[PDB]
Amino acid sequence: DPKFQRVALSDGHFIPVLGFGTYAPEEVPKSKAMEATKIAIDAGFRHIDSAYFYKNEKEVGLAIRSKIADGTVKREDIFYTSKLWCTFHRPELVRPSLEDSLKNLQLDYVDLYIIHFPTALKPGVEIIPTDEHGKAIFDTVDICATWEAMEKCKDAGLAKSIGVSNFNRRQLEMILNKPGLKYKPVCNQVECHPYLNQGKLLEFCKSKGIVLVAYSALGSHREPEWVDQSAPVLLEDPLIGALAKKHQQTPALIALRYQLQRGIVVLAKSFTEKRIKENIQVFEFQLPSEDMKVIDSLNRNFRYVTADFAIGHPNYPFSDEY
Ligand SMILES: NC(=O)c1ccc[n+]([C@@H]2O[C@H](COP(=O)([O-])OP(=O)(O)OC[C@H]3O[C@@H](n4cnc5c(N)ncnc54)[C@H](OP(=O)(O)O)[C@@H]3O)[C@@H](O)[C@H]2O)c1
Ligand SMILES: C[C@]12CC[C@H]3[C@@H](CCC4=CC(=O)CC[C@@]43C)[C@@H]1CC[C@@H]2O
């Protein structure tokens, strides 16, 4: 059943090539993630993407633990991802964060734990702490030291795999190039879609054996307001439409299947039963090379997530060409 297909990770673990995305806008109750994750699992999703940041880990864990108690899946059929938030980059905060997430999940490990952004922020009770205004408070933590703390999470059997998110090439190289590296990041999970296809990052990751995992592959939720206001809308792109018509597909399906054909692992968030069943048909067709080269033309280097809160940070990722 091709919908259960996985790509090899450099550490000998396997990751489903399509993942269920669980972030929703703050106004959306975390229970929807719960209801949506159950439905996604029934549909055949096995790879579930979350993060400390989405504050839905107790909800997703109930879902996953629901799907296990009724025979649907075994723990080892599920591939759960979570992410170290930037307020815990400090080595001594890394395990307790992940154990915190396990305690919430009521699971024994996560299959992938990754650094969410390379930009550390000031620890404490705010998720993104900001001053007497706007601006996040940066903290200065060496990414390699965060990395070592993550390697120790792997060694502890807490996370089967470890990786990063939103790193540029320079920042991957820093980890790669770490004197004494035990484990390489198995993936770099980054925004990826026809408007920001990531063709130089992707080539780089591959040459290094790192899996690129794409988020906002369907065009993001387009928040807040100002982005929704002027960002092009992926799923309505007239050329992605032409392509869906030609293959009798939907826009979403074209955009998902574009990523898979580049050996990207692609995430897809829907809390809509029907679009959940739809997204998993991505495996029911292919695009010829000539269609991939026409989608290539849509690239404009536009970002749905500039993560503005880390502008002026030492390690803000998006300044370099890639
Ligand atoms: N590493 C990171 O910093 C980071 C950042 C962003 C996202 N992510 C991960 O990536 C996942 C997905 O990315 P995302 O949140 O940017 O959203 P996305 O997958 O790009 O798309 C989300 C939007 O597309 C809609 N949609 C889903 N399927 C559809 C379908 N087949 N047809 C038409 N519309 C459809 C969803 O609507 P409905 O839900 O209403 O169906 C939702 O509004 C997230 O859930 C999160 O797990 C990680
Ligand atoms: C940009 C933002 C902070 C960063 C958030 C973003 C939406 C959800 C989100 C999911 C992630 O996985 C990374 C952080 C982000 C991208 C938030 C919406 C408005 C808020 O300012």
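Chain A is numbered as in the PDB entry, which gives 2-323 for the residues shown. Whatever order the structure lists them in is the order used to number ligands and atoms, beginning at 1. Any value given below was found using the heavy atoms of this structure, including those in side chains, with hydrogens, waters and symmetry copies removed. So how was this one determined? The header says X-ray crystallography, 2.1 Å.
- The compound at ligand 2, a drug or drug candidate, is named testosterone.
- The main partner of testosterone in this structure, judged by heavy-atom pairs under 4.5 Å and named as in UniProt, is Prostaglandin-E(2) 9-reductase.
- Binding site of testosterone at 4.0 Å (heavy atoms): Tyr24, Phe54, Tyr55, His117, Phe118, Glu224, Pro225, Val306.
- Distance from atom 7 (C) of testosterone to its nearest protein heavy atom, with residue and atom name: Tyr24 OH, 2.9 Å.
- Among the NADP(+)-binding residues UniProt records for chain A, the set within 4.0 Å of testosterone by heavy-atom distance is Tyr24.
- Within 4.0 Å of atom 19 (C) of testosterone, at least one protein heavy atom is present.
- Residue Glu224 places no N or O, backbone or side chain, under 3.5 Å from any N or O of testosterone.
- Distance check for atom 1 (C) of testosterone: every protein heavy atom is found at 4.0 Å or beyond.
- Nearest protein heavy-atom neighbour of atom 16 (C) of testosterone: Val306 CG2, 3.8 Å.
- The protein atom (non-hydrogen) at minimum distance from atom 3 (C) of testosterone is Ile129 CD1, 4.3 Å.
- Atoms of testosterone lying under 4.0 Å from any heavy atom of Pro225, numbered from 1 in the order shown and given with element: 19 (C).
- Not one N or O of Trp86 is nearer than 3.5 Å to an N or O of testosterone, by distance alone.
- At the heavy-atom level, UniProt-annotated substrate binders of chain A within 4.0 Å of testosterone are as follows: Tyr24, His117.
- Looking at atom 13 (C) of testosterone, its nearest protein heavy atom turns out to be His117 NE2, 3.5 Å.
- Shortest contact from atom 9 (C) of testosterone to any protein heavy atom: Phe54 CE2, 3.8 Å.
- At least one protein heavy atom sits closer than 4.0 Å to atom 5 (C) of testosterone.
- The PDB lists the organism for chain A as Oryctolagus cuniculus.
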